[PDB]
Amino acid sequence: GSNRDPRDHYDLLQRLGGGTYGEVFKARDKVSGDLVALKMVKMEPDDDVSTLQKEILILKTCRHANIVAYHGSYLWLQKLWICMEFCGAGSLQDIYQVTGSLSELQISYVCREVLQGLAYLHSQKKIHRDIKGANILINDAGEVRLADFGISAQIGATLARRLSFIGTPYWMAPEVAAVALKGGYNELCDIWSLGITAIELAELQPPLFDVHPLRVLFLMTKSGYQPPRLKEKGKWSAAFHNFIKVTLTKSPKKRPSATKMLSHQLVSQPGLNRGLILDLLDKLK
Amino acid sequence: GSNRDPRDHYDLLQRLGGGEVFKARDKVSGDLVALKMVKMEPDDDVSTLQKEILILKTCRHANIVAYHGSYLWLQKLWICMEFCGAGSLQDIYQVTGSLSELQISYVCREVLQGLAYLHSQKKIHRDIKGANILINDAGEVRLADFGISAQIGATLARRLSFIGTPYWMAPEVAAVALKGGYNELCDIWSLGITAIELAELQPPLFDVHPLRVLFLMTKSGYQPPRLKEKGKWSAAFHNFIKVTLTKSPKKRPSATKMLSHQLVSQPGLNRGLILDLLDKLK
Ligand SMILES: CCN(CC)CCNC(=O)c1c(C)[nH]c(/C=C2\C(=O)Nc3ccc(F)cc32)c1C
Ligand SMILES: CCN(CC)CCNC(=O)c1c(C)[nH]c(/C=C2\C(=O)Nc3ccc(F)cc32)c1C
């Protein structure tokens, strides 16, 4: 990247979102006039810039239609600015909080595009680790995009010990919870999270959203633990109930991959296109 | 690193611990080393492992195992390091029983020196415990690695935290299941749990389910653990435990500040205390 003021190339506009992790702002390229998203990562004076730089190189090497495009980065006065593709409708959580439940075909389309993104991430030896409505972006043309590629499947692989992770517990696979008492998870943890995300788009929250997050992880490690299910049987077709059953299979040895899931009836059926989301975006008035 | 068989330079002697480690001897110098072996799959990315190795090459301190080189051969990645003859403190205490207070004080002083270094290099260990603290035949103390960068997933527009063993994790690491993050002071808490582990042979609440231990750390009225038998230990050891086990990371002292504590500043802390403990194995 460059050590320069990003205002040299962009007009900084409205705050789109943020958290403790950092902020994201709308902006416009001064030359082209195209809108972009600018991730702003705040640094402390003693933070190691080289580690941030290393992460950026992953954005420079990975490219896919269903992951937000990367345009460049600016390090300036303890702020790291990352230029990404703008997605006008924000996240699916921003959309379903206004619009209400998504239709079965809208969820089918979302899942297909997210599986295309996951199949790519996984082939590049990355694991997303937090697939959920808030981390799936939608543009004005109704196209689906992941906000990042995740990070390497091998974290601390050279260490003589294992490291587990905590993403958002309601979307975490059982074997990630079990790393607190056993060893190992792999890229299939993202397939379970996609199944919870389908329930989250159908119903307006994931299963057990009112239970404490560490109790949700605890219940997943007990024997006789039953994976979650759609609460209304009649409202959804057999194909959707099966997609939920196979994506939410308890054992990762029996859970299908992103490539295998792209052959499932729910996401292989005709009539899945960006137009179904353009209909969802029309419900904002 | 090299793309060649490590057996070109090393005589492999013994399997040590399962993520596989071998004791070996250098063919030219005759010096013993530990060789870590990582099995790779045909489609694994080589650069990701070699990026990790570089971190190993950049960091150097007496209280972390020395790195000697690496070898890639037929989908096996080998990392050559300093050999620590007595193994881990857990391998030692499972035979010898409880460590003495002076032995614990010397161990903590040495680990704090390693952590102060590790933290100045912007790393976090994330799993300080007896099994991850090595001892050599001379009774010197070494961490088995330098940890990983303090920032993992920093560029992501989301919170993602990487987690060690629940019984040794700080309350703010448990709170990550609800909101926010944590910092390097989580290793100071883990060292306080390790001191109780070396004194009692188990960390606090070892019979409670690991996720239940973490759940209790997020509740209102949570109270940190203490040493069980008050009269066996001096007030300096009780105070060391009290300050390292400060619930709030904002009030918990740094490794540098903990190095001025009476327990680890007292005279007579040297490798001889550990040579005594190693005599109990024989
Ligand atoms: C439907 C609109 N919403 C109300 C319901 C408004 C709230 N949501 C919004 O403003 C919003 C918009 C319009 N874009 C983003 C985020 C990103 C974007 O565009 N490219 C990225 C690339 C990476 C990244 F990590 C985030 C983004 C948000 C949160
Ligand atoms: C006497 C042996 N004991 C039986 C009671 C314990 C068994 N354990 C043993 O033998 C043992 C010994 C003698 N060294 C190690 C490991 C390491 C070593 O030396 N340098 C490293 C550097 C990095 C690392 F990740 C591991 C090691 C073990 C497990």
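Sequence lines map to chains A, B, C, ... one by one, in the order shown. The residue numbers of chain A are those assigned by the PDB entry, with the residues present covering 8-292 sequentially. The numbering of chain B matches the PDB entry: 8-25, 29-292, in order. Both counts, for ligands and for their atoms, begin at 1 and track the order of listing.
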Visitor: Look at ligand 2 and name the drug there.
Guide: sunitinib
Visitor: Which polymer chain has more close contacts with sunitinib (ligand 2) than any other, using its name in UniProt?
Guide: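 Largest number of contacts: Mitogen-activated protein kinase kinase kinase kinase 1.
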Visitor: Find the other chains whose heavy atoms come closer than 4.0 Å to sunitinib (ligand 2).
Guide: A, B
Visitor: I need the residues around sunitinib (ligand 2) for a figure - heavy-atom cut-off 4.0 Å, please.
Guide: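 The site of sunitinib (ligand 2), heavy atoms only, is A167(A), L23(B), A44(B), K46(B), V75(B), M91(B), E92(B), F93(B), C94(B), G95(B), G97(B), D101(B), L144(B), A154(B).
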Visitor: Is there a polar contact between sunitinib (ligand 2) and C94(B), counting only N or O atoms under 3.5 Å apart?
Guide: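 Right, the criterion is met.
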Visitor: Which protein heavy atom lies closest to atom 20 (N) of sunitinib (ligand 2), and at what distance to 0.1 Å?
Guide: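 Answer, as residue, atom name and distance: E92(B) O, 2.8 Å.
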Visitor: Using heavy atoms only, determine which UniProt active-site residue in chain B is nearest to sunitinib (ligand 2) and give the distance to 1 Å.
Guide: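 Heavy-atom nearest UniProt active-site residue: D137(B), 11 Å.
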Visitor: Do you know the source organism the PDB entry gives for chain B?
Guide: Homo sapiens
Visitor: I need the atoms of sunitinib (ligand 2) closer than 4.0 Å to a non-hydrogen atom of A44(B), numbered in the order shown.
Guide: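 Heavy-atom distances to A44(B) below 4.0 Å select 18 (C), 20 (N), 21 (C).
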Visitor: Considering the heavy atoms of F93(B), write down every atom of sunitinib (ligand 2) situated less than 4.0 Å from one of them.
Guide: 13 (C), 19 (O)
Visitor: Which of the numbered atoms in sunitinib (ligand 2) are below 4.0 angstrom from a heavy atom of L144(B)?
Guide: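 Once the distances to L144(B) are compared, the set is 17 (C), 20 (N), 21 (C), 22 (C), 26 (C), 27 (C).
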Visitor: Could you tell me the residue and atom name of the protein heavy atom closest to atom 5 (C) of sunitinib (ligand 2), and the distance to it rounded to 0.1 Å?
Guide: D101(B) O, 4.3 Å
Visitor: Can you report which non-hydrogen protein atom sits closest to atom 23 (C) of sunitinib (ligand 2), along with the distance?
Guide: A154(B) O, 3.7 Å
Visitor: Under 4.0 Å from a heavy atom of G97(B): which atoms of sunitinib (ligand 2) are those, numbered in the order shown and with their elements?
Guide: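 Checking each atom against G97(B), I get 11 (C), 12 (C), 13 (C), 14 (N).
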Visitor: Which UniProt-annotated domain of chain B makes up the bulk of the interface with sunitinib (ligand 2)?
Guide: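 UniProt domain: Protein kinase.
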Visitor: To which protein heavy atom is atom 10 (O) of sunitinib (ligand 2) closest, and what is the distance rounded to 0.1 Å?
Guide: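 Closest protein heavy atom to atom 10 (O) of sunitinib (ligand 2): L23(B) CD2, 3.7 Å.
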Visitor: Please identify which atoms of sunitinib (ligand 2) are closer than 4.0 Å to at least one heavy atom of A167(A).
Guide: 25 (F)
Visitor: Within a distance under 4.0 Å of any heavy atom of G95(B), pick out the atoms of sunitinib (ligand 2) and give their elements.
Guide: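 Once the distances to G95(B) are compared, the set is 13 (C).
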Visitor: Within 4.0 Å of atom 1 (C) of sunitinib (ligand 2) (strictly less), any protein heavy atom?
Guide: no
Visitor: Please confirm whether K46(B) comes within less than 3.5 Å of sunitinib (ligand 2) when only nitrogen or oxygen atoms on both sides are compared.
Guide: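 Not met; the criterion fails.
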Visitor: Write 'none' if nothing qualifies; otherwise put on separate lines each N/O atom of sunitinib (ligand 2) with a protein N/O atom under 3.5 Å away and their distance to 0.1 Å.
Guide:
unit_1               : atom_1 : unit_2  : atom_2 : d
sunitinib (ligand 2) : 8 (N)  : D101(B) : OD2    : 3.3
sunitinib (ligand 2) : 14 (N) : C94(B)  : O      : 3.1
sunitinib (ligand 2) : 19 (O) : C94(B)  : N      : 2.8
sunitinib (ligand 2) : 19 (O) : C94(B)  : O      : 3.2
sunitinib (ligand 2) : 20 (N) : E92(B)  : O      : 2.8

